[PDB]
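A look at one PDB structure holding virginiamycin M1.
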Amino acid sequence: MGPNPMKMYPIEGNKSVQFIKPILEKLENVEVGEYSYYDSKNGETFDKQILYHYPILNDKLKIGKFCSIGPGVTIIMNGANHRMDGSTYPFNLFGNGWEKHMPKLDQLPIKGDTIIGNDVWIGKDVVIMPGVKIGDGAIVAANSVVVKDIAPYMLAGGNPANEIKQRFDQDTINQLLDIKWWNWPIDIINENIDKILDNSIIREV
Amino acid sequence: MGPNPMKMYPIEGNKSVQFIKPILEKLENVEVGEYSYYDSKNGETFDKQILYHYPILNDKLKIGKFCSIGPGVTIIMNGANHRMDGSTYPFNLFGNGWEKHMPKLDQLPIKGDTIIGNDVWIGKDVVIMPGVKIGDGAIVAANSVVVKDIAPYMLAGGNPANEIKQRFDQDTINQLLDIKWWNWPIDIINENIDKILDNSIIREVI
Amino acid sequence: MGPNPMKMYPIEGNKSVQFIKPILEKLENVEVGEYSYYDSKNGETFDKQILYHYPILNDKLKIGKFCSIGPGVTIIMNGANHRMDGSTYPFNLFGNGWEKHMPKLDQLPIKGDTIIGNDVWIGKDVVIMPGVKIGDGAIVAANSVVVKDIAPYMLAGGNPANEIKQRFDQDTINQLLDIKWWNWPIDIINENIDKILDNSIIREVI
Ligand SMILES: CC(C)(COP(=O)(O)OP(=O)(O)OC[C@H]1O[C@@H](n2cnc3c(N)ncnc32)[C@H](O)[C@@H]1OP(=O)(O)O)[C@@H](O)C(=O)NCCC(=O)NCCS
Ligand SMILES: CC(C)(COP(=O)(O)OP(=O)(O)OC[C@H]1O[C@@H](n2cnc3c(N)ncnc32)[C@H](O)[C@@H]1OP(=O)(O)O)[C@@H](O)C(=O)NCCC(=O)NCCS
Ligand SMILES: CC(C)(COP(=O)(O)OP(=O)(O)OC[C@H]1O[C@@H](n2cnc3c(N)ncnc32)[C@H](O)[C@@H]1OP(=O)(O)O)[C@@H](O)C(=O)NCCC(=O)NCCS
Ligand SMILES: CC1=C\[C@@H](O)CC(=O)Cc2nc(co2)C(=O)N2CCC=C2C(=O)O[C@H](C(C)C)[C@H](C)/C=C/C(=O)NC\C=C\1
Ligand SMILES: CC1=C\[C@@H](O)CC(=O)Cc2nc(co2)C(=O)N2CCC=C2C(=O)O[C@H](C(C)C)[C@H](C)/C=C/C(=O)NC\C=C\1
């Protein structure tokens, strides 16, 4: 029961809602959770939203399961940073003799891998800077800019985005991070969607 | 004297500046003030700048009189909010048996109506979140994100927008709030446009 | 050795990266340095990114040399400033009698010129408010909105953008601001690019 997680478009006739995984699997070094979807803004496919992601730099993007990514969300990788121990001007780029100044890989600043946990809701037009971590169950307010990590089950917002308040009491969260319903076999999840939607799965589990 | 507040396009040979009232009047759960306008970005009508407004939720949007709204301003209503007492994943949206998990109207988080006062100036590309109130005479800097209310005649900006400074001293602000010139017939407004534009209208009516 | 700063499209078979000087030189009240470029976001040339620049208000826009300008960066000049000694409604704008109230040059808030230094790297989709001054060698994070001045070799970001941290010790900064390699003839810069890329030109030149 439920939709086929391998379709690009789970809702027949609808080219707006699209599962991210079947779209991004072809991409080298990008990991995606099963039911994570993207609400297209103007019809585009999520791959257009990941920028400056180059193999040779080897940074990775990670997206957990059951994530709801709003339209316009932009994930920027490390291929946009410039060398900064000196001038930020990209001399090597204009050639005509300047290539000699190409930078060695260990010279480029690479923050790290980007990792978005499970059951995460990212509002529209959110921009995610390189090498950031977003915990399970977190909520990011529309039009936010994430320059730093976000703890699990936290509501954050702003530019730069900051944690505003815990979604639930530590108690609940600890048990929630404990149960990990996103990891259960779908058929078990199919029988508890109700308890998962109102958090009562904590007492059953 | 002055433009016809019922015309979509007041300025002649200029399909960019439009009077909001005419455009949004056919709409439900929406009230707009007399002379408030919108400076189109790419020639789009202001109605396309109001997102996620479903009558079913019954949230209302109110805009006062004499408001200057920059291009790109986006008004987000309550239709996009996700149920959040548990998992924020919209299972009901994907059918195949998940259809039965549709939320209950009183299970969706509603933030209230969006109310924008009179004589408000909204810079360009501002995004206004659900259930916000911006008092009269306020100025919201460009590219701001309004998440909480803004007091009258205050200058606000940023993401999340914050009140930066009062435009005038308490006394004056109290005064203007009380006076409420935007609520005068036009013959009078038309005759004191210059005192409205320099704030002396206070000394007159006091 | 290196491209001719006078070429519009310096790199070849590339209509996205452009040298600003040649393009903006043909503009009133704009001063652009030599190697500074702009990485187009969709083909659009940089002049389309400068908004509300009316010669009548006489505000100027200056931009140093060797600046890396990311795609979508926007510059906002004083042409969008509403009068605010009182009401902010552009009555004059609508005519039909209201024109009498056109504001006097000395009544509009002109915050001054906008000055961007040399060796300045501005991230993508950054918005620059009017009357701002960014320092030599500063880095402005992508998606920021610059409302106040930014110091040399300072890093900054956010909406509003705030200085986040210095790029090097005071000493080093003091020197580079003294040496100003960006004002040297290219023939010379050409044989130090390496010492300029790792900051060692401070031990040589001094
Ligand atoms: C974040 C959001 C869910 C609201 O959270 P919520 O549970 O309703 O909580 P509240 O609105 O009451 O927010 C509480 C506080 O956070 C602040 N806040 C809300 N959004 C904020 C933001 N982006 N940045 C900073 N603070 C923010 C409020 O101003 C408030 O301040 P206070 O506690 O000091 O008084 C909503 O603003 C949002 O972003 N929705 C997403 C819309 C979207 O993009 N949908 C597309 C996908 S379908
Ligand atoms: C808001 C605005 C009017 C400036 O207000 P102002 O009276 O000139 O204010 P100032 O320039 O003196 O700035 C005052 C303070 O607010 C801050 N400020 C200005 N814009 C800000 C913003 N968006 N967020 C946070 N702070 C901001 C300044 O940093 C400054 O700090 P300080 O008090 O420590 O000195 C202008 O920035 C603006 O938004 N114009 C709108 C342009 C537009 O989009 N027009 C289209 C419609 S016609
Ligand atoms: C700004 C940038 C260079 C990062 O700064 P950095 O030297 O790597 O510094 P770090 O992020 O490691 O740390 C600096 C601090 O600033 C914060 N920070 C980063 N970006 C920020 C922003 N926009 N606003 C506020 N703080 C920011 C970090 O969270 C960090 O917090 P801390 O002081 O508590 O540790 C990078 O985010 C950036 O903007 N790159 C430009 C990308 C682009 O658009 N390129 C197009 C040109 S071709
Ligand atoms: C973002 C940036 C410049 C942009 O402002 C200009 C453009 O958008 C246009 C563009 N840039 C390019 C092709 O068109 C281009 O070719 N770029 C863009 C990204 C990497 C390389 C490049 O050389 O990477 C080489 C590898 C090919 C070996 C090495 C790793 C160096 C990269 C380097 O110094 N990065 C700093 C970033 C400079
Ligand atoms: C940004 C803004 C209003 C915008 O919301 C309206 C528009 O974008 C569309 C538009 N604006 C105009 C013609 O269409 C127009 O004519 N504008 C745009 C910019 C100046 C004048 C204007 O009045 O110029 C006259 C000169 C011709 C003498 C004087 C100098 C005063 C103008 C005044 O109060 N400026 C403040 C700006 C208010």
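Protein chains get the first letters and strands the later ones, always in sequence-line order, with residue 1 at the start of each. No hydrogens, no waters, no symmetry mates; every other heavy atom, side chains included, goes into these values. Both ligands and their constituent atoms are indexed starting at 1 by order of listing.
Across the structure, virginiamycin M1 can be traced to ligands 4 and 5. Most heavy-atom contacts to virginiamycin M1 (ligand 4) in this structure come from the chain listed in the PDB entry as streptogramin a acetyltransferase. Other chains within heavy-atom reach of virginiamycin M1 (ligand 4), distance under 4.0 Å: A, C. In this deposit, the organism assigned to chain A is Enterococcus faecium.
Using 4.0 Å as the cut-off, the other ligands and ions neighbouring virginiamycin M1 (ligand 4) are ligand 3 (coenzyme A).
Rounded to 1 Å on heavy atoms, the UniProt active-site residue in chain A nearest virginiamycin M1 (ligand 4) is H82(A), 4 Å. The residues of other chains having a heavy atom under 4.0 Å from virginiamycin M1 (ligand 4) are listed as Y54(A), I56(A), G79(A), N81(A), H82(A), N92(A), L93(A), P103(A), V17(C), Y37(C), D39(C).
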